[PDB]
K.L.:
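Before my questions: this is vadadustat bound to Egl nine homolog 1.
All chain A residue numbers match the PDB entry; in order, they span 188-404, 408-412. Note that ligands are numbered from 1 as they come in the structure, with each ligand's atoms numbered from 1 the same way. So how was this one determined? The header says X-ray crystallography, 2.0 Å. What you see below is based on every heavy atom in this structure, not just the backbone, and it leaves out hydrogens, waters and symmetry mates.
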Amino acid sequence: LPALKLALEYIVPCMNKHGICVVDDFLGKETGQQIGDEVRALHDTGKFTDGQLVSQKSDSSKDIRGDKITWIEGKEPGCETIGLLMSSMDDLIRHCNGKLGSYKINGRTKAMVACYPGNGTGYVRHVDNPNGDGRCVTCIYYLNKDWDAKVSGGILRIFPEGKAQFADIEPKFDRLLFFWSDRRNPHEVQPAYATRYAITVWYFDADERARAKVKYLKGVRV
Ligand SMILES: O=C(O)CNC(=O)c1ncc(-c2cccc(Cl)c2)cc1O
Ligand SMILES: [Mn+2]
C-alpha cells in the first residue's frame, strides 16, 4: 500500500483510538529477508553489545545477559536495506504528521537493532519515555521468520493504561508496530527461547523535545 493510504486509513485512526497499531507485511518478503540478512550479518560480525546484564553472580563466568543492541544510522556498509526500512517508517510518519494526537513530530533517533539471544531472557516491564525526554511514538519492525510464540516465547505484551487487559503482539516477520512511547503503554517482552530480532526507532515531538534540552542540562561561552 502507498504510505499515505496506510497512514490515513490505518495508522492515524488506530493510533488515536487505541494508541497501538500493527501493520503486517509492511515491506514484503524480498525486502524483509534482505533486512533479516543484514541484521544477521551485524550479529555474525560482532557489532552488537554483549547484552543487558540480567543476573550478576559473584562468579562472572555465570553472568546472564539478555537483549543485545546496536545503533544503526542506515548509511553504513551492509545496512542499506535497514536504511530503506528507516526511510519507509519516516514516510509513514511524515504522512501522519499533524494527525497523531496534537504532536508535531520533527525528528527521530537512529535505529536500535535488538537481538534477544534465545536463552530465556526477555525484557522487564517498562515505559519507553516515562519522564518527558521528547519521544512520543515508538516504531518497531520485526523480522523473525515463522515465529511461533507458543514454542519460542518472545511475545511483546502491552498494558494500555487504564485497561483491565493486555495486548499480546507476536514478533512476526515483516511486522510493523506503532505505539505511544509514554506511560499510556507500559510493555514487556516475555522470555525468548529462540533468536529474536527487532528494529526500533523513536519519533520526537517538537515541543517536548525542545524542553527536554534543559530538563537534560547545553551551554555557550560568554
Ligand atoms: O523487543 C520488543 O519487542 C520490545 N522491546 C522494547 O520494548 C525495548 N524497549 C526499550 C528498550 C531500551 C530502553 C532503554 C535504553 C535503550 Cl538503548 C533501549 C529496549 C527494548 O528492547
Ligand atoms: Mn520498550
K.L.:
Give the place of vadadustat in the structure, all copies included.
P.N.:
ligand 1
K.L.:
Find all atoms of vadadustat within a distance of less than 4.0 Å from any non-hydrogen atom belonging to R383, and give their numbers and elements.
P.N.:
1 (O), 2 (C), 3 (O)
K.L.:
What residue and atom, counting heavy atoms only, is the protein's closest point to atom 4 (C) of vadadustat, and at what distance?
P.N.:
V376 CG2, 3.4 Å
K.L.:
Across chain A, in which UniProt domain are most residues that contact vadadustat found?
P.N.:
Fe2OG dioxygenase
K.L.:
I'm curious whether the model shows a covalent bond from vadadustat; which residue and atom, if any?
P.N.:
none
K.L.:
Enumerate the Fe cation-binding residues UniProt records for chain A that place a heavy atom under 4.0 Å from vadadustat.
P.N.:
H313, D315, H374
K.L.:
Filter the residues UniProt lists as binding 2-oxoglutarate in chain A to those having a heavy atom under 4.0 Å from vadadustat.
P.N.:
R383
K.L.:
How does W258 reach vadadustat, by side chain, by backbone, by both or by neither, if only non-hydrogen atoms under 4.0 Å count?
P.N.:
side chain
K.L.:
Check each atom of vadadustat against the heavy atoms of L343 and keep those under 4.0 Å away; list them by number with element.
P.N.:
3 (O), 4 (C)
K.L.:
Tell me: protein heavy atom nearest atom 12 (C) of vadadustat, and distance?
P.N.:
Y310 OH, 3.5 Å
K.L.:
Of the side chain and backbone of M299, name the one, both, or neither that has a heavy atom under 4.0 Å from an atom of vadadustat.
P.N.:
side chain
K.L.:
Does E375 come within less than 4.0 Å of vadadustat, judged by its heavy atoms?
P.N.:
no
K.L.:
What I want to know is whether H313 and vadadustat share at least one N or O pair that is separated by under 3.5 angstrom.
P.N.:
yes
K.L.:
Please could you name the atoms of vadadustat that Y329 approaches to less than 4.0 Å, counting only its heavy atoms?
P.N.:
2 (C), 3 (O)
K.L.:
Protein heavy atoms: any of them under 4.0 Å from atom 15 (C) of vadadustat?
P.N.:
no
K.L.:
If the cut-off is 4.0 Å to any non-hydrogen atom of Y303, which atoms of vadadustat fall inside it?
P.N.:
1 (O), 5 (N), 21 (O)
K.L.:
Applying a heavy-atom cut-off of 4.0 Å, say which part of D315 lies close to vadadustat: side chain, backbone, both or neither.
P.N.:
side chain
K.L.:
Counting each atom of vadadustat from 1 as listed, which ones have a heavy atom of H374 under 4.0 Å away?
P.N.:
7 (O)
K.L.:
According to the deposit information, what organism does chain A derive from?
P.N.:
Homo sapiens
K.L.:
Find the other ligands and ions that have an atom under 4.0 Å from vadadustat.
P.N.:
ligand 2 (manganese (II) ion)
K.L.:
Extract the binding site of vadadustat: heavy atoms, cut-off 4.0 Å.
P.N.:
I256, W258, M299, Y303, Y310, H313, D315, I327, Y329, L343, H374, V376, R383
